Amino acid sequence: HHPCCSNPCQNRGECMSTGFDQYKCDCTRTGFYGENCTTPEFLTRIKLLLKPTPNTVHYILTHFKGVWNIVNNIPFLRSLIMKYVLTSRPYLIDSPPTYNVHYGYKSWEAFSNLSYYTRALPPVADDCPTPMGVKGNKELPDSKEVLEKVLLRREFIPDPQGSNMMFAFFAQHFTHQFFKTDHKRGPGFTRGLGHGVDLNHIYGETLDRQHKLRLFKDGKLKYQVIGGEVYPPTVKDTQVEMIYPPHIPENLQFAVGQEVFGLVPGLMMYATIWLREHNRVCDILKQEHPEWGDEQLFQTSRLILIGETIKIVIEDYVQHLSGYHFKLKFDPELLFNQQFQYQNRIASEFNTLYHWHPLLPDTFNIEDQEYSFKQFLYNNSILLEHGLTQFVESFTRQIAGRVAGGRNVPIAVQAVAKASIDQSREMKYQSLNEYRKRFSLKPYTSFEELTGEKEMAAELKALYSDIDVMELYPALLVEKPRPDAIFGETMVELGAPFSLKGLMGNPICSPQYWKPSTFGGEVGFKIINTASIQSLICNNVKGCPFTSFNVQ
Amino acid sequence: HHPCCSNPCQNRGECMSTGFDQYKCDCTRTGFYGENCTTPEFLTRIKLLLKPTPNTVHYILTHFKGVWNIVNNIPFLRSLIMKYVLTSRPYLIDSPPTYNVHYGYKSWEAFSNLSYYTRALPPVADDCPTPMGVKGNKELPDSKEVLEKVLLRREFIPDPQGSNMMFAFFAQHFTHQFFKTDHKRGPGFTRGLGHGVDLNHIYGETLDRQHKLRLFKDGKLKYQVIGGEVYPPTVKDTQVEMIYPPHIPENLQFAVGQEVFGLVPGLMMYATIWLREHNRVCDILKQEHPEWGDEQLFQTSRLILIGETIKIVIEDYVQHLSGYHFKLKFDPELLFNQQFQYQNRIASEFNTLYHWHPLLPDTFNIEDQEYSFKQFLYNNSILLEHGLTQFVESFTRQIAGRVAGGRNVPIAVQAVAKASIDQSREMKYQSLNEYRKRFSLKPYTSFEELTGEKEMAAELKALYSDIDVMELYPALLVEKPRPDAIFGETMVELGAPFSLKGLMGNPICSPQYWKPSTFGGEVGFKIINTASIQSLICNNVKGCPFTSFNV
Ligand code: COH
Ligand code: COH
Ligand SMILES: *[C@@H]1O[C@H](CO)[C@@H](O[C@@H]2O[C@H](CO)[C@@H](O)[C@H](O)[C@H]2NC(C)=O)[C@H](O)[C@H]1NC(C)=O
Ligand SMILES: *[C@@H]1O[C@H](CO)[C@@H](O[C@@H]2O[C@H](CO)[C@@H](O)[C@H](O)[C@H]2NC(C)=O)[C@H](O)[C@H]1NC(C)=O
Ligand SMILES: Cc1ccc(-c2cc(C(F)(F)F)nn2-c2ccc(S(N)(=O)=O)cc2)cc1
Ligand SMILES: Cc1ccc(-c2cc(C(F)(F)F)nn2-c2ccc(S(N)(=O)=O)cc2)cc1
Ligand SMILES: CCCCCCCCO[C@@H]1O[C@H](CO)[C@@H](O)[C@H](O)[C@H]1O
Ligand SMILES: *[C@@H]1O[C@H](CO)[C@@H](O)[C@H](O)[C@H]1NC(C)=O
Ligand SMILES: *[C@@H]1O[C@H](CO)[C@@H](O)[C@H](O)[C@H]1NC(C)=O
Ligand SMILES: *[C@@H]1O[C@H](CO)[C@@H](O)[C@H](O)[C@H]1NC(C)=O
Ligand SMILES: *[C@@H]1O[C@H](CO)[C@@H](O)[C@H](O)[C@H]1NC(C)=O
């Protein structure tokens with residue numbers, strides 16, 4: 001079989017077959033050498049001893065609040081610290097991208113073809129003896145068995161950081177613009193050829209879909225008015241293909257950028273908020289530029305809302321996740337004197353780790369009601385009956401589930417959580433400890449080190465035998481959470497660079513784009529640099545209800 | 001009308017309307033400020049003082065040959081100068097790209113839609129009173145008159161640098177992988193969504209076309225053997241769509257990556273050569289990796305040829321073009337410690353300046369024959385009759401025409417030259433002087449300064465009335481050439497950044513790609529780093545004839 005099946009090359013060294021049963025490791029710019037790239041250079045040997053562990057870094061960022069209070073209020077220091085945050089993890093991500101599900105080696109097909117999700121690690125070769133390479137049994141444990149033993153939820157576990165439903169639905173809405181998996185081809189393929197924050201879930205992936213959603217007046221998007229309230233247009237009026245069960249009323253079949261946003265009222269909530277924000281920005285720009293035509297009012301507004309989305313995600317969404325005392329800042333200027341590629345390619349592993357099913361509650365508490373999944377699905381009437389204001393007020397108060405720690409996936413979505421395990425095996429992912437080493441983390445030496453607990457670790461060991469063949473996705477959900485946090489180490493050290501890559505890698509963050517003229521002048525620019533999840537809701541939802549990503 | 005038709009903002013400042021009759025300049029990171037971004041800051045005054053003119057920089061690289069011969073033999077020193085060359089033009093090209101033919105302002109459509117050629121300068125607004133903005137008459141002079149008076153060829157004017165027909169066809173074959181105008185949409189649209197050196201003119205633009213060209217054994221491409229010589233396969237054999245006149249027999253319809261390479265035997269030459277080179281690399285890779293399957297042999301071979309092409313283009317093609325005594329070097333490691341975007345977007349203006357019609361001869365001299373244009377087109381039988389070796393031997397000694405200097409466009413392609421002017425106007429190009437200011441050059445004050453003579457300059461002033469409304473393309477052909485050189489100043493200062501970005505911006509030049517393992521080991525890596533126009537011909541053409549881009 002393939003001589004690289006055992007994954008011998010360490011420290012980002014690249015493995016290559018030299019014969020039928022011999023290999024060679026490419027230690028180019030790894031900082032190491034030797035047959036397996038395990039012998040470090042002198043300078044490398046220094047960089048290792050002086051490198052702080054991720055847990056050491058996390059402690060500092062979550063403690064000494066009196067010190068960060070000083071820093072956060074010194075713009076020079078804040079920008080300086082943030083400059084480090086954004087330049088810290090420096091080569092963890094291949095850009096331009098490399099492998100994908102069909103190529104364990106670099107090729108032009110893998111680079112050019114935008115339909116593929118890219119891969120941080122190459123897949124396991126087909127003719128490898130065991131699923132994870134050479135270690136482990138001839139077969140991985142039954143996925144259902146793994147699901148029910150350590151993943152499925154017994155009793156609802158709240159998020160100790162206090163994440164609410166405003167957060168959970170934002171995460172689903174925001175990420176499903178670049179996590180558009182194309183099941184017609186397979187789990188390794190995507191429909192989001194933009195590979196990042198292009199707001200295609202609001203405007204549409206194709207130009208043909210966009211023009212059906214547009215009004216072609218003042219740059220706005222088509223809309224309807226129900227009970228004096230602005231809601232998205234219908235499938236019938238725009239002739240936009242959406243995903244709805246046949247038994248859904250015509251006027252409740254809303255049409256938006258993403259075909260699947262009719263699935264959940266919480267998504268339609270955000271789909272409605274952003275539609276209003278777009279038309280709001282149109283109004284502001286038309287006031288500033290009465291000379292502009294419809295097309296320019298539209299395009300400029302889209303770039304503005306893109307900036308808003310990136311602004312909010314960093315300084316609200318990621319800030320809440322981090323739990324840091326340090327105030328994250330969105331300022332593209334901090335990369336202009338740095339080496340950074342203004343491009344991005346969505347990793348399949350970035351998709352996989354973002355399956356935060358445990359975030360979901362058992363019921364959805366709106367006003368005085370508590371709907372179940374069977375009731376909540378495709379019930380756009382709920383959104384209408386209650387209104388956006390009561391949606392915001394209710395979802396700001398309702399707590400969300402904990403992602404890590406194990407056993408918190410709702411039974412309602414068991415078929416989805418299991419599908420994540422199966423498709424991870426279809427795309428032939430490498431093991432948990434292989435992705436830890438890939439992102440400069442110490443491999444787990446025991447299942448009890450992974451979960452920090454004896455019970456699930458016992459069950460996991462009986463299922464997998466070896467810790468070195470533990471799978472990625474279930475490990476992320478059963479991993480020992482950081483102190484009073486929502487994630488474990490692996491979720492963060494892998495997730496942080498992937499997230500910040502698609503955010504800062506956007507063209508509007510480039511020097512030639514990051515100008516007032518790009519966004520219609522100082523007015524449009526100001527909309528972005530002052531945007532927040534609070535202001536978003538305050539400007540578009542009636543009554544301006546208080547909101548946040550935390551229940552407090 | 002649009003408040004920015006007059007092009008008020010200077011020094012890379014961006015113009016924005018703030019009403020029906022007013023505008024506003026964005027002077028961000030220009031080094032200037034004021035209403036029109038024209039008042040220089042202090043550090044700029046320092047840098048504008050120290051800045052040497054391109055005319056004198058070109059002088060240095062073309063003189064003191066004895067000293068360059070020394071520098072060319074000091075690795076550390078060759079390397080360091082080539083690094084400067086790659087970085088001497090830090091912010092000339094927008095990357096990620098900005099405007100196109102439909103968007104004179106930044107937008108997500110202009111950025112994401114890869115069907116567009118990008119634009120170095122935004123188009124003139126639709127409601128502008130004069131074709132160039134506010135200057136000049138209501139209409140530009142008839143393109144036919146501009147064509148006949150100062151563009152068409154009387155006496156054939158040969159290239160002083162000694163460019164041969166190997167050069168002329170290489171330039172045509174090489175650039176037509178990223179110059180594929182989608183004429184079903186317009187001149188501002190491209191069919192090459194790769195926007196760079198992807199060698200799709202060999203392997204095909206889409207995956208389907210590629211699989212119809214591949215043999216699926218040993219990673220090789222389909223081929224036929226005619227008289228012991230290897231040639232591309234037929235359209236019948238591959239079902240690959242090719243552009244041929246109806247009177248071309250089924251056996252002479254060669255199928256290659258590019259759909260239009262069949263029309264010119266000079267292109268079908270390199271198409272055959274590069275197809276041979278591909279299968280040669282597969283042979284080598286197969287005995288380096290007898291364990292490898294077909295798919296990896298192909299994909300790895302495509303990367304090496306991409307590397308070869310960039311290697312050959314820089315150190316042979318661009319080298320001969322420049323005329324510099326300094327020996328250029330293809331070394332991606334020179335950009336690792338520098339701010340560089342490993343991405344590219346083909347500019348429309350890059351396409352326009354590359355319309356080197358004057359490079360063409362009056363006849364195509366092969367062995368004992370002098371073929372006219374009418375005889376040469378679609379005549380792949382010429383290729384079979386003489387052979388590759390006679391083709392290389394003959395095209396090596398046949399000289400090419402001078403691009404700049406005026407009056408050198410062959411009569412046989414006058415319609416094409418007229419189309420370059422018509423379409424530039426169709427795409428609403430800005431004037432010559434605007435594109436000069438865009439590239440840190442000084443605007444021409446008179447037509448005599450532009451041409452360096454009196455006769456043609458008098459002709460153009462009768463046509464255009466103002467030097468500030470002189471079009472970009474016809475100027476490139478009549479511009480005063482550098483001393484015994486093929487190009488004028490504008491052709492160089494525009495084309496040099498565009499060419500260097502398209503080559504180095506290739507993902508294989510990125511640090512994670514520039515590894516021996518990417519190309520199948522040290523053997524395949526050396527194939528890239530030792531590639532040349534002579535080795536390409538020697539390894540693939542029978543007899544290994546001597547060739548270059550000169551003599
Ligand atoms: C990040 C938060 C999040 C939440 C709250 C959430 C909540 C819910 C939810 C609530 C009622 C339902 C019915 C589903 C059900 C699904 N989810 Co999510 N999912 C989430 C993250 C994801 C991600 C990431 C994907 C993969 C995107 C893709 O492939 O299209 C996904 C995909 C899916 C799919 C596509 C099938 C597949 O093979 O991927 C279904 C069905 N889902 N999920
Ligand atoms: C650089 C060398 C070169 C050579 C030797 C050459 C030789 C020849 C030749 C016979 C040998 C003929 C019949 C033509 C004729 C044409 N050329 Co050129 N061309 C050249 C440079 C170019 C370039 C560059 C383009 C742009 C291709 C595009 O935009 O699709 C081009 C485009 C064309 C087109 C497309 C239509 C148009 O541009 O309006 C035609 C027709 N032509 N050319
Ligand atoms: C890139 O832009 C072109 C031109 O704007 C788009 O082509 C148009 O597509 C619409 C339908 O989507 C047709 O009705 C038009 O006739 C097309 N115009 C031309 C000139 O062909 C193209 O779809 C865009 N590409 C993407 C990926 O959105
Ligand atoms: C990207 O890759 C996919 C899969 O490798 C290509 O889709 C295949 O296309 C061929 C011919 O076009 C079909 O015969 C296959 O059935 C397709 N496979 C799948 C899974 O869809 C796709 O064409 C590639 N993209 C581009 C632009 O070439
Ligand atoms: C999917 C994902 C994963 C991590 C991040 C991220 C990014 C950052 C920052 F600051 F670097 F931008 N922190 N940060 C983060 C840090 C700590 C936690 S915690 N308290 O659960 O362990 C959670 C998130 C974002 C998205
Ligand atoms: C279309 C085009 C234009 C310029 C170049 C180019 C690039 C370079 C280099 F080396 F800097 F990269 N020089 N160089 C160049 C420089 C001078 C001349 S010359 N003797 O006609 O005036 C000719 C070419 C290449 C292609
Ligand atoms: C909660 C709905 C799914 C339950 C499936 C149970 C499958 C066996 O799961 C068992 O459940 C017990 C209690 O949680 C644990 O003590 C055991 O460790 C575990 O193996
Ligand atoms: C390299 O790894 C292999 C495992 O495949 C091991 O047998 C060998 O001893 C290692 N060699 C070195 C020098 O570490
Ligand atoms: C939600 O759907 C259920 C049945 O599908 C229905 O009884 C209920 O009225 C709906 N919610 C609202 C607010 O109408
Ligand atoms: C700017 O240019 C305009 C012409 O477009 C001119 O009228 C104006 O006086 C200029 N202003 C300055 C400060 O140079
Ligand atoms: C070229 O074509 C002409 C007809 O257009 C034909 O007579 C001639 O034989 C061809 N050249 C060769 C070498 O066959």
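Lettering of chains follows the sequences in order, A, B, ..., and the numbering in each one begins at 1. First listed ligand is number 1; within each ligand, the first listed atom is number 1. Both backbone and side-chain heavy atoms feed into the values below; hydrogens, waters and symmetry mates do not. Technique stated in the header: X-ray crystallography, 2.8 Å.
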Student: Mind telling me the name of the drug at ligand 6?
Tutor: celecoxib
Student: Mind checking something for me? Which chain has more close contacts with celecoxib (ligand 6) than the rest, going by UniProt?
Tutor: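 The main partner is Prostaglandin G/H synthase 2.
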Student: Which chain letters belong to other chains having any non-hydrogen atom below 4.0 Å from celecoxib (ligand 6)?
Tutor: B
Student: Any chance you could list the binding-site residues for celecoxib (ligand 6)? Cut-off is 4.0 Å, heavy atoms.
Tutor: B:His58, B:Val85, B:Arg89, B:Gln161, B:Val318, B:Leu321, B:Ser322, B:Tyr324, B:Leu328, B:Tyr354, B:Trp356, B:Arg482, B:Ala485, B:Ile486, B:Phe487, B:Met491, B:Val492, B:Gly495, B:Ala496, B:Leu500
Student: Any chance you can tell me which UniProt substrate binders of chain B have a heavy atom closer than 4.0 Å to celecoxib (ligand 6)?
Tutor: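 UniProt annotation plus heavy-atom distance gives B:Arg89, B:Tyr324.
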Student: Which residues that bind heme b according to UniProt in chain B have at least one heavy atom within 4.0 Å of celecoxib (ligand 6)?
Tutor: none
Student: Which residue is it, and how far: the UniProt active-site residue of chain B nearest to celecoxib (ligand 6), by heavy-atom distance to 1 Å?
Tutor: B:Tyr354, 4 Å
